[PDB]
Undergrad: 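Below is a structure containing SAR125844. Please help me interpret it.
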Amino acid sequence: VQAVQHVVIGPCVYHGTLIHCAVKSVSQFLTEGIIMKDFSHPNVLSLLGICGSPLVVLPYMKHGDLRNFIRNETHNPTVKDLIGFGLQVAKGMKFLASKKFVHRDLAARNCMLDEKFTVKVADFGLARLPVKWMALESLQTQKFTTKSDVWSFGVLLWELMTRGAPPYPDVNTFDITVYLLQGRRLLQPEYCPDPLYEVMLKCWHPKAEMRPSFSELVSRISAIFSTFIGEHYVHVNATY
Ligand SMILES: O=C(NCCN1CCOCC1)Nc1nc2ccc(Sc3nnc4ccc(-c5ccc(F)cc5)nn34)cc2s1
């Protein structure tokens, strides 16, 4: 009854103020907002408040989604930059995992970049089959876990290192499961350091309990990230 008051605010998505905002178009809605509001992490997209239209108000993200940022030819990411985006995502997913939150649709298109170029994992909560991002077991059961978020994460790093290339462009979505089960993974991007590809393959472990945790991923990617100085510019493949 009064439990939603901290979430509520008075005076398709629209621009807004109060902070620059995205403002999107009953009992479930009140409860969900309260769950969503109690998530707070620098790498997870905030719920600012809810309003009656009804309205969901989120922070406006200056640079938009992460797949479009990296695809833009007038941006010049270095390997360091891109591993840095991956490290941020991993930190957001670590938080969501600690909250027992299974994202289910982790992808570069669903992460956003604010004005400080902080990546926020998004498209979850009220702010919400992606077969080419899905774990083998989830393609088989339509059941998702944190370890199946880990798989998606490994696809997301792939997207990172290719500057937003579509995964398995030659495989039709209806076919991905058969393709994978022949014994295949995504190939190593031209600008993907060997140590980061090893991580990708770990994230794609055939056994779900064997994939690293997001805590493990943060630690590991934080180390590899620190080895770079932003001297290597990542260019775009001609085949993708
Ligand atoms: O669009 C910009 N910035 C403009 C960036 N441009 C690019 C062109 O070059 C000029 C600079 N900021 C925004 N912030 C927000 C904040 C919240 C929301 S609702 C929401 N909730 N969860 C999600 C998750 C993903 C998406 C999404 C996906 C693809 C997209 F394409 C745009 C948005 N939305 N979403 C929309 C926006 S859009």
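All chain A residue numbers match the PDB entry; in order, they span 1063-1073, 1091-1097, 1105-1111, 1121-1146, 1151-1227, 1245-1356. The header says X-ray crystallography, 2.0 Å. Only heavy atoms go into these numbers, but all of them, side chains included; no hydrogens, no water, no symmetry mates. First listed ligand is number 1; within each ligand, the first listed atom is number 1.
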Undergrad: From the contacts in this model, which chain binds SAR125844 (ligand 1) most extensively, according to the PDB entry?
TA: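 Per the PDB entry, the chief partner is Hepatocyte growth factor receptor.
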Undergrad: Specify the protein heavy atom at minimum distance from atom 18 (C) of SAR125844 (ligand 1): its residue, its atom name, and the distance to 0.1 Å.
TA: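 Atom 18 (C) of SAR125844 (ligand 1) sits closest to the protein heavy atom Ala1108 CB, 3.8 Å.
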Undergrad: Number the atoms of SAR125844 (ligand 1) from 1 as they appear, then name those within less than 4.0 Å of a heavy atom of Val1092, with their elements.
TA: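 This gives 19 (S) as the contact atoms.
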Undergrad: Most residues of chain A in contact with SAR125844 (ligand 1) fall within which UniProt domain?
TA: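 For SAR125844 (ligand 1), the UniProt domain is Protein kinase.
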Undergrad: Can you report which non-hydrogen protein atom sits closest to atom 7 (C) of SAR125844 (ligand 1), along with the distance?
TA: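 I find the closest protein heavy atom is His1162 O, 4.4 Å.
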Undergrad: SAR125844 (ligand 1) versus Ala1226, non-hydrogen atoms closer than 4.0 Å: side chain, backbone, both, neither?
TA: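 Both the backbone and the side chain of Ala1226 come within reach of SAR125844 (ligand 1).
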Undergrad: Between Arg1208 and SAR125844 (ligand 1), find which residue part has any heavy-atom pair under 4.0 Å and reply side chain, backbone, both or neither.
TA: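 For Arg1208, the contact with SAR125844 (ligand 1) is made by the backbone alone.
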Undergrad: For atom 16 (C) of SAR125844 (ligand 1), grab the closest protein heavy atom and report residue, atom and distance to one decimal in Å.
TA: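 Nearest protein contact, heavy atoms only, for atom 16 (C) of SAR125844 (ligand 1) is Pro1158 O, 3.3 Å.
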Undergrad: Hey, could you check which of the UniProt active-site residues of chain A sits nearest SAR125844 (ligand 1)? Heavy-atom distance to 1 Å would be great.
TA: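 Answer (UniProt active site, heavy atoms, 1 Å): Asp1204, 8 Å.
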Undergrad: Measure from atom 9 (O) of SAR125844 (ligand 1) to the protein's non-hydrogen atoms and state whether any distance is below 4.0 Å.
TA: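 Given the 4.0 Å cut-off, atom 9 (O) of SAR125844 (ligand 1) does not count as touching protein heavy atoms.
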Undergrad: Please list the nearest protein heavy atom to atom 11 (C) of SAR125844 (ligand 1) with its residue and the distance rounded to 0.1 Å.
TA: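 Atom 11 (C) of SAR125844 (ligand 1) sits closest to the protein heavy atom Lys1161 O, 4.1 Å.
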Undergrad: Could you check which of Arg1227, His1106, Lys1110, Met1160 puts a non-hydrogen atom nearest to atom 13 (C) of SAR125844 (ligand 1)?
TA: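 Nearest option to atom 13 (C) of SAR125844 (ligand 1), by heavy atoms: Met1160.
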Undergrad: So which heavy atom in the protein is nearest atom 31 (F) of SAR125844 (ligand 1), and how far is it from that ligand atom?
TA: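 Among all protein heavy atoms, the one nearest atom 31 (F) of SAR125844 (ligand 1) is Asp1164 OD1, 3.3 Å.
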Undergrad: Quick check on atom 33 (C) of SAR125844 (ligand 1) - does any protein heavy atom sit closer than 4.0 Å to it?
TA: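 Yes, at least one protein heavy atom sits under 4.0 Å from atom 33 (C) of SAR125844 (ligand 1).
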Undergrad: Identify the protein heavy atom lying closest to atom 27 (C) of SAR125844 (ligand 1), giving its residue, its atom name and the separation to 0.1 Å.
TA: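 Protein heavy atom at minimum distance: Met1211 CE, 3.8 Å.
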Undergrad: State whether the shortest distance between N or O atoms of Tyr1159 and N or O atoms of SAR125844 (ligand 1) falls below 3.5 angstrom.
TA: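 So SAR125844 (ligand 1) has an N or O lying under 3.5 Å from an N or O of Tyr1159.
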Undergrad: Applying a heavy-atom cut-off of 4.0 Å, say which part of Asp1222 lies close to SAR125844 (ligand 1): side chain, backbone, both or neither.
TA: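 Within the 4.0 Å criterion, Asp1222 contacts SAR125844 (ligand 1) through backbone and side-chain atoms alike.
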Undergrad: With the threshold set at under 4.0 angstrom, would you say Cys1210 reaches SAR125844 (ligand 1) through any of its heavy atoms?
TA: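 Distance cut 4.0 Å: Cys1210 fails for SAR125844 (ligand 1).
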Undergrad: For SAR125844 (ligand 1), which residues make up the site at a heavy-atom cut-off of 4.0 Å?
TA: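 By heavy-atom distance, that gives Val1092, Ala1108, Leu1140, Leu1157, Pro1158, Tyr1159, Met1160, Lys1161, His1162, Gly1163, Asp1164, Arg1208, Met1211, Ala1221, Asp1222, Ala1226.
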